[PDB]
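The following structure: S-argatroban with Prothrombin.
One-based numbering along the sequence shown. These numbers come from the heavy atoms of this one structure, side chains and all, not from hydrogens, waters or symmetry mates. Order of listing sets the numbers, starting from 1, for every ligand and every atom in it. The header says X-ray crystallography, 3.0 Å.
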Amino acid sequence: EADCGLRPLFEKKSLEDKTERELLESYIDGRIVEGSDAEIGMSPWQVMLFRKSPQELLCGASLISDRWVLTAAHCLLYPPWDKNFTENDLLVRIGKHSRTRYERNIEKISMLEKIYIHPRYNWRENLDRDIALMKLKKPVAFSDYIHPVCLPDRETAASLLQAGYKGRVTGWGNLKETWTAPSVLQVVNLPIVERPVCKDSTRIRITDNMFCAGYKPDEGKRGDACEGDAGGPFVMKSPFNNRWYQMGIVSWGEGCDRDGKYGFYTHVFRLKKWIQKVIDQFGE
Ligand SMILES: C[C@@H]1CNc2c(cccc2S(=O)(=O)N[C@@H](CCCNC(=N)N)C(=O)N2CC[C@@H](C)C[C@@H]2C(=O)O)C1
């Protein structure tokens, strides 16, 4: 996308969201709290993936063009639970801040033309390459509240996706609500963890198409990956062109809020080839 990574209400407008300068600095602070209410238009690529019959929220996602939504394959397909949603079992709302409040002339809704899951998406073991692209029927117009997010390049992925560096999840606590055995848009900034540690922390076979984020718990923080939503986006603001890049789809995890457990994600850049191939050779 020629226009992405720049929020209409922020970067385009010289203003900067309260908690962002702790992302560029990747500098951790003296606070127990981590996530709270997210401000108006703080993430204009956030997409609400819905089930049709009955009506319910499934996953979060991301607008990348006026045509393509990006998400975790699991949201659409999981045969251990015979979960196979077709194009017309699902819909999307964009520009939503309040979970239960229609903002007039502001929020949009759309049905899907087609669904594209990854071919060697290993849903049989560890949800390898948990990625999926959704094409829209009627295309959406970018306003102040709807804007596409950027995709990483080789320089950005090498320079940003390292341990200690920080990223950000946004959602509506779907996850938290689903596995607690909540209202307006949530934002919680998490740091990237060492792949040596990611492995170490889980009994489950991980791949390079996967990375983890969270806090090692000898530095007691209340920063949990469950305040967002499944299939949601992981984003990191680049200090080389101000642009916000999506780095990892919220993939999977063990339990939720606990010491020395981290949210694993799809390695977006590592699959940059696939995503782009379908936009270049299928839509428009
Ligand atoms: C290979 C994975 C391993 N784990 C699981 C699987 C399936 C069902 C439930 C689990 S869970 O209990 O460990 N945890 C849930 C919820 C925890 C969310 N953690 C995060 N920090 N993201 C989960 O990972 N998943 C991912 C797979 C889907 C199918 C169910 C469920 C979810 O709703 O996100 C398959």
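The contact region for S-argatroban (ligand 1) on chain A lies mostly in UniProt domain Peptidase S1. The PDB header gives the source organism of chain A as Homo sapiens.
With a non-hydrogen cut-off of 4.0 Å, the residues around S-argatroban (ligand 1) amount to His74, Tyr78, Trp81, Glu125, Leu127, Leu175, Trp179, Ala225, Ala230, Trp252, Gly253, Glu254, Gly255.
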